[PDB]
K.L.:
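In this model we see calcitriol bound to Vitamin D3 receptor A.
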Amino acid sequence: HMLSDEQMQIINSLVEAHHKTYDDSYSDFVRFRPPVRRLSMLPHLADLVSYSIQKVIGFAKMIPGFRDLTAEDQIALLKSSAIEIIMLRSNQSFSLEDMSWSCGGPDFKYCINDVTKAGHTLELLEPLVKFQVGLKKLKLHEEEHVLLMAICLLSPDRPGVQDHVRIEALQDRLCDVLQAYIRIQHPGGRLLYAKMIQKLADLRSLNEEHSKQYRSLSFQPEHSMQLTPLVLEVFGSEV
Amino acid sequence: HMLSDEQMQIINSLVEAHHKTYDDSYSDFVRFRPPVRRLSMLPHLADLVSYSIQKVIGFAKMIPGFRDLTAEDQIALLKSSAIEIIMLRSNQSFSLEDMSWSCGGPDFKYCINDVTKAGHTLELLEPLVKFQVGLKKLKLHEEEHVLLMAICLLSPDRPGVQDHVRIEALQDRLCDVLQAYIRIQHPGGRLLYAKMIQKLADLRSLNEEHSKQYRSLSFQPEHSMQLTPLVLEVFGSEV
Amino acid sequence: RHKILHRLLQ
Amino acid sequence: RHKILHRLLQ
Ligand SMILES: C=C1/C(=C\C=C2/CCC[C@]3(C)[C@@H]([C@H](C)CCCC(C)(C)O)CC[C@@H]23)C[C@@H](O)C[C@@H]1O
Ligand SMILES: C=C1/C(=C\C=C2/CCC[C@]3(C)[C@@H]([C@H](C)CCCC(C)(C)O)CC[C@@H]23)C[C@@H](O)C[C@@H]1O
């Protein structure tokens, strides 16, 4: 068959939303506290994540149907998915060659080791990089990548969600677009869809592990004082 | 006459405390979010103030008698004086020639204008620079400068103070040392002391004005999100 | 309260 | 609570 106008318009909105919230040159990274190789990398990565959350929020407000949700559900969705949306969008900077996120010269190239200096362990980093590698290999089209982020963000299976019925529906309409798109516009993408949903499950586990490690980092004021207000608000338990 | 051993030991402790909490090269400033010429300078100045508070705290813990106070009174004293201790120690970087705080190349030289881009008005900056100029002209000895900071920090006239009797006494012993020192070690310093106390009063007004302007900056989340946890904690009203 | 998230979500 | 000030004051 072939996509519908509404389906195609949703794709247009998401692709443009992402273009408007993701710089492939990473020129803003110089405004971040410099990276440094106890948790010497925490200041830079905190600023990177904080900047990124702001971007995820901008992209979110442009997901069709999201802004109609109550402010409470928007926040519930952002708070629980932010970390996953970030791991997803970061894949654009990940490189299978050097197994790192390359965003600049020697300074903005992030290795597993560097994240270790932000207070995280292999318990998290191993699966993360493993996830980044698997996702990169799916050679997603920008359209499928942007849909995967909108779909992940509209997971009604998040703590604190209220109108989990309307959220459920919205995620479904997006899932429909992604499925149609793959079938119609992506040759050899017969299994793709199923693989992409599997990626959402890996994100849940990564999310869980990150939350544990973040909690510890969070309870130590000497470390929490290195984070930013926004990061503290989005990853905090005060709901 | 001549200073006593105890009096001289207090001077030794304060001078060394200050040396251990104030770098005249300002090499740490590169770890701060870069300055930028809506409130483009706020990120850098927030980091500068946050870094400075940490330093004021280090110096404070070394003021003789301060650490014996209850944690509650230590916090009460820090929270209400921090801003003043900062304006005082900043005089070391202020220059009458260019009417600015010079801490680095073109980047770390702060003019009234730059502070304007941090959300502050002439209502504050005018008296500040005026204060910096007057204080610089007193050509204080490092010993008198360090005493003036310890004395300002131990002002029992601060909201939230409890044991205002012991604090009162401590400030008095320091005032005694400063007075003796000026008389004994500072030629032509007959009026000095009186002038230094007058400076403490100017600081109260500067403190008040800064508090007003900070409150406004503080209530706007788009701006408060640019501050740091420590700055938010020390200048916040949650006591 | 989520002061920041609220403001950013416009 | 002053979590940070407390910790820094040791
Ligand atoms: C951000 C983005 C980028 C990379 C993501 C990375 C590499 C460094 C370490 C990160 C930030 C992981 C860390 C486990 C998260 C640590 C955060 C904290 C210290 C608060 O717990 C998650 C995703 C990783 C760069 C660019 O792709 C934009 C994207 O948007
Ligand atoms: C810090 C230090 C220095 C300068 C102080 C300045 C210059 C820039 C503007 C400041 C930081 C004034 C601002 C009114 C305060 C703004 C803070 C905020 C935005 C939170 O409301 C107060 C003192 C001024 C450099 C060095 O002397 C160390 C010292 O320790």
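Chains: lettered A, B, ... by order of sequence lines. Per the PDB entry, chain A residues shown: 154-190, 251-452, in order. Chain B is numbered as in the PDB entry; the shown residues are, in order, 154-190, 251-452. So for chain C, numbering is the PDB entry's, and the shown residues are 686-695, in order. Chain D is numbered as in the PDB entry; the shown residues are, in order, 686-695. Atoms within each ligand, like the ligands themselves, are counted from 1 in listed order.
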K.L.:
At a cut-off of 4.0 Å, which other chains have heavy atoms near calcitriol (ligand 1)?
P.N.:
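Other chains under 4.0 Å (heavy atoms): A.
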K.L.:
What is the residue list for the binding site of calcitriol (ligand 1), using non-hydrogen contacts under 4.0 Å?
P.N.:
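At that heavy-atom cut-off, the site is A:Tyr175, A:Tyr179, A:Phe182, A:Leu255, A:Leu258, A:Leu261, A:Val262, A:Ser265, A:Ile299, A:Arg302, A:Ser303, A:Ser306, A:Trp314, A:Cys316, A:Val328, A:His333, A:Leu337, A:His423, A:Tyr427, A:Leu430.
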K.L.:
Check each atom of calcitriol (ligand 1) against the heavy atoms of A:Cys316 and keep those under 4.0 Å away; list them by number with element.
P.N.:
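So the answer, numbered in order with elements, is 25 (C).
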K.L.:
What atoms of calcitriol (ligand 1) come closer than 4.0 angstrom to any heavy atom of A:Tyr427?
P.N.:
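Going through calcitriol (ligand 1) atom by atom, the ones under 4.0 Å from A:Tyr427 are 20 (C), 21 (O).
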K.L.:
In the complex you have, is atom 10 (C) of calcitriol (ligand 1) within reach of the protein, judged by whether a heavy-atom distance drops under 4.0 Å?
P.N.:
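Flag for atom 10 (C) of calcitriol (ligand 1) set to false, no protein heavy atom closer than 4.0 Å.
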K.L.:
Among the UniProt-annotated calcitriol-binding residues of chain A, which come within 4.0 Å of calcitriol (ligand 1) by any heavy atom?
P.N.:
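Going by heavy atoms, UniProt's calcitriol residues within reach: A:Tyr175, A:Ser265, A:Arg302, A:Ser306, A:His333, A:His423.
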K.L.:
Consider every N or O of A:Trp314 and every N or O of calcitriol (ligand 1), then say whether any pair is closer than 3.5 Å.
P.N.:
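For calcitriol (ligand 1), there is no N or O atom that lies under 3.5 Å from one belonging to A:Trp314.
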K.L.:
Any idea what organism chain A is from, going by the entry?
P.N.:
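It's listed in the entry as Danio rerio.
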K.L.:
Relative to the heavy atoms of A:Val262, which atoms of calcitriol (ligand 1) are at a distance of less than 4.0 Å?
P.N.:
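Near A:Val262, meaning under 4.0 Å from one of its heavy atoms, calcitriol (ligand 1) has 11 (C), 17 (C).
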K.L.:
If you count the atoms of calcitriol (ligand 1) from 1 in the order shown, which ones are under 4.0 Å from a heavy atom of A:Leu337?
P.N.:
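Taking each heavy atom of A:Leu337 in turn, calcitriol (ligand 1) has 14 (C) under 4.0 Å.
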K.L.:
In terms of atom number and element, which parts of calcitriol (ligand 1) are under 4.0 angstrom from non-hydrogen atoms of A:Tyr179?
P.N.:
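Counting atoms of calcitriol (ligand 1) from 1, those under 4.0 Å from A:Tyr179 are 26 (C).
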K.L.:
What UniProt domain of chain A accounts for most of the contacts with calcitriol (ligand 1)?
P.N.:
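According to UniProt, it is NR LBD.
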K.L.:
Any nitrogen or oxygen of A:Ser265, side chain or backbone, less than 3.5 Å from one on calcitriol (ligand 1)?
P.N.:
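Between A:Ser265 and calcitriol (ligand 1), an N or O pair is found under 3.5 Å apart.
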